[PDB]
Peer 1: 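Here is glibenclamide bound to ATP-binding cassette sub-family C member 8.
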Amino acid sequence: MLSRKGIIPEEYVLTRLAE
Amino acid sequence: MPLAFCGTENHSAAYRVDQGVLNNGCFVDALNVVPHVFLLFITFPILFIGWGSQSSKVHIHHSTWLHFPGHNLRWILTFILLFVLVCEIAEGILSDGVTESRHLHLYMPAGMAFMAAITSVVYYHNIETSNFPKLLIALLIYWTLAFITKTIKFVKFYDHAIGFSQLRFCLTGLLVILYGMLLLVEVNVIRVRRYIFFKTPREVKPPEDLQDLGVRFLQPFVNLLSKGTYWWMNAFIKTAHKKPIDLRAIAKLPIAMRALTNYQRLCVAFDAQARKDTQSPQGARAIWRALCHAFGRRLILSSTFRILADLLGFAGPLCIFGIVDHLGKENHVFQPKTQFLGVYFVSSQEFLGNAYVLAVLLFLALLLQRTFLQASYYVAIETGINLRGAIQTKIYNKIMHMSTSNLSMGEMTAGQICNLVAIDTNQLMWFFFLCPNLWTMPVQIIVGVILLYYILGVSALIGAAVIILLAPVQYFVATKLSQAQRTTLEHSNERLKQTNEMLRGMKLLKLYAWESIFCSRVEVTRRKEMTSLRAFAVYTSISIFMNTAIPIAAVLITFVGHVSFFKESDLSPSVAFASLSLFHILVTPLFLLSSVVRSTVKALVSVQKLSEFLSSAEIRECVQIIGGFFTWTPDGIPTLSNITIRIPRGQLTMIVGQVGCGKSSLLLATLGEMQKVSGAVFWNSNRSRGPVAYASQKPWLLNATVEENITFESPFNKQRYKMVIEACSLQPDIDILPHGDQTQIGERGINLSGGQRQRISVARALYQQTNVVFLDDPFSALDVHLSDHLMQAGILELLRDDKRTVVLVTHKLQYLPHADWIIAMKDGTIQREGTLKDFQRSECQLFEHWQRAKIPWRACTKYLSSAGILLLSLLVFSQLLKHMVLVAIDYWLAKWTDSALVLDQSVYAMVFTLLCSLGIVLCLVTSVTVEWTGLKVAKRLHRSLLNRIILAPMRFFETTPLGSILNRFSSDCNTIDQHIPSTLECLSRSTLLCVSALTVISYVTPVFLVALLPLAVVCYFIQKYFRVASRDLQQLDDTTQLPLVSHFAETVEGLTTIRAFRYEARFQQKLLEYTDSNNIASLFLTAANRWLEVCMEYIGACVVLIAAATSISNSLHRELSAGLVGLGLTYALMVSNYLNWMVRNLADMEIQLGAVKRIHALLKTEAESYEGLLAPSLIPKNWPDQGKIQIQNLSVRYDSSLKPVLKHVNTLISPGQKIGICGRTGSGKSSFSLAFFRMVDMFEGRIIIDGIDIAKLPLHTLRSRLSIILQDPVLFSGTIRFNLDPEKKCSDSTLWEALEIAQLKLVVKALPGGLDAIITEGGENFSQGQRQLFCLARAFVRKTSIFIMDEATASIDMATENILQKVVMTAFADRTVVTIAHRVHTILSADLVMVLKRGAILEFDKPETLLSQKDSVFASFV
Ligand SMILES: COc1ccc(Cl)cc1C(=O)NCCc1ccc(S(=O)(=O)NC(=O)NC2CCCCC2)cc1
Ligand SMILES: Nc1ncnc2c1ncn2[C@@H]1O[C@H](COP(=O)(O)OP(=O)(O)OP(=O)(O)O)[C@@H](O)[C@H]1O
């Protein structure tokens, strides 16, 4: 029962824009 | 019969000091008491004086440390002699407990030796902090004294002929060489630092990394116990609760992890390999060999700790097997066989077969498993993070040499290389996190399968075949999961771009009453993404299902086989519970091994990506060019040859040439960024290069302040900046943005215009104080003529008082035959580079004469409005029912094993099958309910967010930027769609397993809860301080890796500008500062996670100690029957990694529920209610074709706070009289143009519409029949018929009338589609007159009588004339208009007009000629 211990790396094309 | 030291048997006959003083077996133990109390009674005054002086002055207590030589092996010898002294205490209690007396000479020397060794390391630590080595003379004379006394005891054991058969002989020989070997460590200190007997002491200083002022991350220089248990974190982590964690509060970082240092080490590795080997590239295998060669010296260390953690992991279920086997069979003997000299020596089989001794051995095995496992995690993490440092710097070094060719840069844009830095290097970093797993997790599984066969038998191999066929099922489900996530995410990218194109034109789409129809064009794309998200939810329920129903089916198949199918060896409760605890220690690596295999495949692909990048074509290794050859492909076809031109200092060369005749190629060939085949480059600034200023045809600006893109990392003076801001016309340019010299200019910030960006680039060229200045056509796009003339005259003037060369290469032939030393490139070659009179001799002059609050408010609001109680009840009920069943399946195993060892047995096996069936069935129900509730959650929140952002005023879009609305739309919908439900299943499993486990521990041992309550308080405070620190370091992680990938975008885009200035080294340091601020934020997040995990897991180890001690005590006497006791111990081991998961998943749920708190906060902005307060069809006509809207004193406000603008304007538009009404552009032009459409707060007055009530009209219908045009036009992407009339979509023949008779007929009929083609993201190269063409199209089709107009921002003169001809057609076909035009010199053609400056009725001219005759109206027209 561990999700952060799993592969946290995922695809990120869009990013945080601003503000 | 008092407390005798020796035996009180035989009337104190063991005190008979005859037959030698030392041959009395109790006097040798009396000698061993002497050196230990010697050290205590000589080192208590030292330590208390030391402790008092920290209670007087403790400011410098975190200043400077120097470990003595031989420090790490000092500490590991103290730990393992502490381990064997606990063993001699265990041997001593178990040996003296067989006689009538007390016999204290078996466990008084070992007990005082334990406290002496602890005080001899506290003394060593209080003397390692303070460099005063002459005061550990006392400690070395202690170790030689204590070695002599156990040497006495050991040689008398050999003379009494014990031998290695009895236990205390073996232990004493082991700890004789212990004190001997660290005595030898002590004389190493004497030898190296030379303090005691040597005439000149060698004196060392603390290292430079410690002696720096701000270094908080002091983990590479601290003693071994603080490296193991993260004690240094405390003063950091407890500080984080008072003051928040700013980037100054984090460390600088130590030398061993600085990005420059790891880059040096990695480059040494590459250079050594490519010299010794015959590899021509530094290709894939070269990089792969180099990383291992540079970082294997740490990665092998992490694997070593991981293997030792695996073996000490299996000393958990082995200890359960020994405890429960001895707890069965009546506890019969409990006494030792051997009797040497009247003293009983415990046989080693009776030692490691005892109950409490094996329990304390279990406790000490967990305190080493669960500390080597954490040291293994962190060393793997820290070496992985130093890869991120060195590989980003390596990638950026080969950005600083990449050619801007059509083959190197012509293949991969900056989006490829930004995704390269982000996605590629992070998954290469994640491979070096998981690298000890592929070395150890096979040894874990193999030793797991082997000793699970020794415990139970071949039925355990059927069970091990089930779980070893639960790794490929997890792999294929994860493969289908990644496919579904891939398709879903690259689909929602298109949805987010469509939402960006529907939320950027908010005013334009609201003007034509098109917020509802464009919301529908978003909602269709959303439901396609919703189908993809449902497939994501299916494939992630089965991962939860397999994780929580492969072990239960494994256990069910195991024991049903062993009893029904096998009938070989009946339980034996010790066998059953040892097998259960082995299954849990095997279930953890198996699902994670699927993720390891995935990371290995991606790592090989990633080094392939980074190898083809790293070995692509480089660039190369006053002005004068002889040979004239310059190409882009590195052989053949020079794209600009025969260039024989010289331009020395003291010059301002205006250049000329044909359209696309090698102009920018000629300038860049002087810049040294083209592979010049044949020719030489003499170069001397008034062969090496000076800092050539440059500004390309395409502009470029760093995403920063407008002064930062102007000064460009150079010092700043007010005089030259004011002169450059005046000469380049920048004070209107700074005021054109709402902040000027503080606004984030350029991309990622304030969206500029093309003329503004071209002028900003020219400003950076002049200011940077350079021995040349290149302007590659600055006056090409800037159609403001006098700006270019003042720039031309000002460039000549500024450089003439500076005496530095300039070169402007464009076609602006207004100056080129006058006063330059010009050079003309015809057909890609140089003709003549001389004076203007030479161009008066070669027939070329003819053209120039032509808080820190948390969940429960936001979490309650999330769970209520998203889920619905008809599934919220099913989710909570199924989780609690499944976990009562899991308590039941474990407890049924316990009750059946007790009644099977003391011998309805098939009834027990049958009910075990019907409890295992409920286990698998309830886990499927919970796995479906969690993900299904999350899927429905995302559906209703997205429609609410879209509708409330639609049903909003345009005034809110003035207040908050588009960046804020788009961010908390797109990224927070991703978090509440694919990250919160999985975290919810993991959290609702983790905290419920913990409550389950502590209820069971308290059930077997009701003594535990008295020792749970202080333990739960300590667990609570550790949980509290970790949340405060982990949240702040998480935001510090996110907002630091953002500016770094921003830097990799801003470098690769404007590459040639950076290599022009020879100012590459300053940007090299900007990366290294960014990479250090990223790695130190990442390392504090890692080390705070390990501090939580070490501290909560030691709490779990104390759970094991208290639970095992009280359980065996209550089963020796109170007769627990040992079925429950095994059921007690197999959950005490599982507490230690459920408290870990509870606190960590709670922190992740905190940060992710914060992204639903913000969506609710943005749903709390509602205004502009469609309030039609009449009979809404009787208030308007079919379509208002009067155009007779007499505005009656409509006074305006926005916030209704301090200053209305409009005053008493009692002005009417007559039917026909297309009143072009321009005014003051500063006060009453733009405000009135917005408020004309009932899109502002008209707090009083009367806003009539053909004499009817326009305050109680349907605002959809009211914003339908009154068309407009705009100033900064934008085309919403879609069909061309959707670009004409999406709400109507009437007919093609109406579009034929529109796209022919309005404008753009030779573009529409020459388009490939016609009226039914896809508008490719705005019509990227269509026209500016398509704005006016769409205006006339919407004005004739949408029954639009009125047409409120605004002026063109940038247009052509014939385009303005075509708009004027269409305006003549607009009065001829629509008959109503009220136009304001900021192009004031052309707006005079009207019927009636009013100039209303500073909010009044100042000028009125009902004939147009009366304005030009009077005083005040003419002065605004002159
Ligand atoms: C705890 O996992 C495991 C459990 C069991 C097994 Cl057989 C293997 C592992 C495992 O995966 N061993 C790899 C090493 C590892 C992975 C994840 C984690 S962690 O708990 O997610 N801590 C962090 O990630 N810190 C991050 C690091 C990246 C930048 C930001 C801070 C900690 C260490
Ligand atoms: N950096 C480059 N990358 C790829 N191709 C280039 C580059 N520079 C020049 N070329 C090629 O060389 C030829 C000559 O380009 P030239 O220098 O005339 O452009 P330019 O005339 O300065 O641009 P513009 O006409 O917009 O001012 C072009 O056809 C172009 O394809």
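By convention here, the chains are lettered A, B, ... following the listed order of sequence lines. Chain A is numbered as in the PDB entry; shown residues: 1-19, in order. For chain B, we keep the numbers from the PDB entry: what you see runs 1-621, 678-742, 765-928, 992-1044, 1060-1578, in order. Side-chain atoms are counted along with the backbone in the values below, which use heavy atoms only and exclude waters and symmetry mates. Atoms within a ligand are numbered from 1 in the order they appear, just like the ligands themselves.
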Peer 1: Locate glibenclamide in the structure and include all copies.
Peer 2: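 Look at ligand 1.
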Peer 1: Which chain letters have at least one heavy atom nearer than 4.0 Å to any atom of glibenclamide (ligand 1)?
Peer 2: A, B
Peer 1: What's the entry got as the organism for chain B?
Peer 2: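 The organism in the entry is Cricetus cricetus.
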Peer 1: At a heavy-atom distance under 4.0 Å, which transmembrane segments of chain B (UniProt, N terminus first) touch glibenclamide (ligand 1)?
Peer 2: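 Heavy atom under 4.0 Å in UniProt segments 6, 11.
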Peer 1: Quote the name the PDB entry gives chain A.
Peer 2: ATP-sensitive inward rectifier potassium channel 11
